[PDB]
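For reference, the structure is listed below as structure tokens.
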Amino acid sequence: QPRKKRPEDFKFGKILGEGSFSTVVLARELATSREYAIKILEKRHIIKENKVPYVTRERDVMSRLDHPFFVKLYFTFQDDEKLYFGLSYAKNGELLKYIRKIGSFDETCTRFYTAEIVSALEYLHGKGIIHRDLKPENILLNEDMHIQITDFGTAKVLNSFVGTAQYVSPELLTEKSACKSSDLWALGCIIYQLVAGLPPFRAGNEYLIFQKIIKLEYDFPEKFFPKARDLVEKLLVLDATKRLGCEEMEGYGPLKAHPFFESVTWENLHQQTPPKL
Ligand SMILES: CN[C@@H]1C[C@H]2O[C@@](C)([C@@H]1OC)n1c3ccccc3c3c4c(c5c6ccccc6n2c5c31)C(=O)N[C@@H]4O
């Protein structure tokens, strides 16, 4: 394998984002000119906050990801005080950004982008890994406009966690548990948000949001594409074992077979050219 890389091999640039225990900075490797998104974490802050298991799990899960719709971990290293993860750089940023720019997606884009996510989850769940905090802010877009799902610091590899309020599944609020269906629930929310322009469960604070979630309290606007609406209702189901896509419902075949995906060719999605937004 190559020599361990170090800080001096890069020319760090702008900050792409900040997390609670980390900072992601765009860096260009001097010897190759390649751009990487480097996640930086302070060893002391992690130990003081008892996050070692979390950072470790994050690195282990990312090291197993080998698919075009997911972030790729190219390398890691550390100096006396910090940990460095070398990640693939998704130049176009958050999907949420596009959602806001154009308000909402027409049908061709909703279908294309939902298909990529479904295809990514099928690959993720096939390795027995669950994200647990899937959302438009975590789904990035590469230079070609294909998705790049990242942020695995909250993943579970087949109850100690609750992601973003608006995307939390009901089982998480009434059992502290979570599984593949939790991601499918988040998927439903995301599909609803692509078509409507906003997530299904909204309210003044988290308590009120959690309240609507457990009572399955949301509704579709008049325009909502019929087939997408049907898919969403089969995803936003209170009983986790009744969601289209889960093992009890027989997996991904039935989900990918949904009428909404009728015209979709699942086989080579990352080869296809994305519809313009
Ligand atoms: C809430 N959105 C943030 C957007 C911004 O910073 C964050 C922290 C968040 O992306 C999920 N962020 C991460 C968090 C955890 C792991 C990896 C990343 C990451 C990558 C990237 C980016 C990024 C690229 C372009 C604009 C904003 C970006 N942000 C990130 C990243 C990236 O390109 N590769 C890493 O996966």
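Along the sequence shown, the residues carry numbers beginning at 1. Scope of the values below: all heavy atoms of this structure, side chains included, with no hydrogens, waters or symmetry mates. When the header is checked for method, it gives X-ray crystallography, 2.5 Å. Start at 1 and go down the list; that is how both ligands and their atoms are numbered.
- The drug located at ligand 1 is named UCN-01.
- In this structure the chain with most contacts to UCN-01 is the one UniProt names 3-phosphoinositide-dependent protein kinase 1.
- Checked against a 3.5 angstrom limit, the closest N/O atoms of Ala90 and UCN-01 fall inside it.
- Using a 4.0 Å cut-off between heavy atoms, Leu26 makes no contact with UCN-01 at all.
- Closest to atom 30 (C) of UCN-01 by heavy atom, among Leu140, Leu73, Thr154, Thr23, is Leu140.
- In this structure, of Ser20, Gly17, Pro136, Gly93, the residue bringing a heavy atom nearest to atom 8 (C) of UCN-01 is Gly17.
- Heavy-atom proximity to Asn138, at under 4.0 Å, picks out these atoms of UCN-01: 11 (C).
- Nearest to UCN-01 among the UniProt active-site residues of chain A, at a heavy-atom distance rounded to 1 Å, is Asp133, 8 Å.
- Counting only non-hydrogen atoms, the residues of chain A annotated by UniProt as ATP-binding that lie closer than 4.0 Å to UCN-01 amount to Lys39, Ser88, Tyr89, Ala90, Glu94, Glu137, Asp151.
- In this structure, of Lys39, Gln148, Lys97, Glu58, the residue bringing a heavy atom nearest to atom 15 (C) of UCN-01 is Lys39.
- For UCN-01, the main contacting UniProt domain of chain A is Protein kinase.
- Residue-to-ligand polar distances place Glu137 within reach of UCN-01: an N/O pair is separated by less than 3.5 Å.
- For UCN-01, the atoms sitting less than 4.0 Å from at least one non-hydrogen atom of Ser88 are 32 (C), 33 (O), 34 (N), 35 (C), numbered in the order shown with element in parentheses.
- Heavy atoms of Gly153 come nearer than 4.0 angstrom to UCN-01 in no pair at all.
- Contact annotation for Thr150 and UCN-01: only side-chain heavy atoms (C-beta onward) come within less than 4.0 Å of the ligand.
- Remark: UCN-01 atoms within the under-4.0 Å shell around heavy atoms of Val71 are 36 (O).
- Heavy-atom contacts of UCN-01 within 4.0 Å involve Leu16, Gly17, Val24, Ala37, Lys39, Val71, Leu87, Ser88, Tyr89, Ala90, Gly93, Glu94, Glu137, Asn138, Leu140, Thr150, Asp151.
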